[PDB]
Amino acid sequence: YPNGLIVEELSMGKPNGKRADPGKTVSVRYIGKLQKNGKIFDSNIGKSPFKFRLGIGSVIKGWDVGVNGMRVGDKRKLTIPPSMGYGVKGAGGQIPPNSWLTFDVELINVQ
Ligand SMILES: C=CC[C@@H]1/C=C(\C)C[C@H](C)C[C@H](OC)[C@H]2O[C@@](O)(C(=O)C(=O)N3CCCC[C@H]3C(=O)O[C@H](/C(C)=C/[C@@H]3CC[C@@H](O)[C@H](OC)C3)[C@H](C)[C@@H](O)CC1=O)[C@H](C)C[C@@H]2OC
Ligand SMILES: [Cl-]
Ligand SMILES: [Cl-]
Ligand SMILES: [Cl-]
Ligand SMILES: [Cl-]
Ligand SMILES: [Cl-]
Ligand SMILES: [Cl-]
Ligand SMILES: [Cl-]
Ligand SMILES: [Cl-]
Ligand SMILES: [Cl-]
Ligand SMILES: [Cl-]
Ligand SMILES: [Cl-]
Ligand SMILES: [Cl-]
Ligand SMILES: [Cl-]
Ligand SMILES: [Cl-]
């Protein structure tokens, strides 16, 4: 297992697409999964866009680090250690304690 977060480029969007920088409100399409078994716990595909302010710590740390630097249309895979996810708490009744997480993410907009 990695010492920290792994971020993989799955595909590149627009070369001059707006860039996700700290302080921006960014809009992301995602699928979240438990890394240990691949079970999917959430997606917003076909639902409303998920917006968050990058860098303020409202999302798990793996997202604040992992989404940073994306340009619109980029797709990334995030592999997130427990300390950069929900740690001993878990979440949603869906993520057990001490879970490694995987997310597929696509940047849709930057505001
Ligand atoms: C305070 C206002 C309530 C507000 C609640 C809602 C809008 C309800 C709505 C269903 C929330 C999420 O859906 C958008 C839902 O998302 C999941 O399904 C999911 O896929 C996930 O993991 N996501 C969502 C996408 C961004 C990454 C991550 C996250 O970081 O989510 C964030 C998260 C839970 C962070 C905690 C916050 C507390 C810290 O202590 C902890 O610190 C480690 C990290 C979300 C976006 C928060 O910022 C927003 C809120 O909490 C969880 C499996 C379960 C979670 O429902 C609970
Ligand atoms: Cl890569
Ligand atoms: Cl590409
Ligand atoms: Cl694109
Ligand atoms: Cl753009
Ligand atoms: Cl969609
Ligand atoms: Cl910020
Ligand atoms: Cl802040
Ligand atoms: Cl750049
Ligand atoms: Cl960890
Ligand atoms: Cl932890
Ligand atoms: Cl929570
Ligand atoms: Cl499980
Ligand atoms: Cl795990
Ligand atoms: Cl997928």
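Along the sequence shown, residues are numbered consecutively beginning with 1. Heads up, header says this was done by X-ray crystallography, 1.1 Å. Read the numbers this way: they start at 1 and go in the same order the structure lists the ligands and their atoms. Every heavy atom of this structure was used, including side-chain atoms; hydrogens, water molecules and symmetry mates were not.
Between eritoran, carbomycin A, tacrolimus, the one at ligand 1 is tacrolimus. Among all chains, the one with more heavy-atom contacts to tacrolimus than any other is, according to UniProt, Peptidyl-prolyl cis-trans isomerase FKBP53. Within 4.0 Å of tacrolimus on heavy-atom distance sit the residues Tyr30, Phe41, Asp42, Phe50, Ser58, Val59, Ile60, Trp63, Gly85, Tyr86, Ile95, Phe103.
Counting per UniProt domain, chain A has the most residues touching tacrolimus in PPIase FKBP-type. Which parts of tacrolimus touch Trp63 is read off a 4.0 Å heavy-atom cut-off, strictly below it: atoms 25 (C), 26 (C), 27 (C). Distances below 4.0 Å separate heavy atoms of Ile60 from the following atoms of tacrolimus: 30 (O). For chain A, the entry records the source organism Arabidopsis thaliana. Taking a cut-off of under 4.0 Å to the non-hydrogen atoms of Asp42, the atoms of tacrolimus that pass are 16 (O), 17 (C), 18 (O), 19 (C), 20 (O). Other ligands and ions less than 4.0 Å away from tacrolimus are, by number and name, ligand 12 (chloride ion).
Short contacts between tacrolimus and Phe103, defined as distances under 4.0 Å to a heavy atom of the residue, involve ligand atoms 20 (O), 21 (C), 22 (O).
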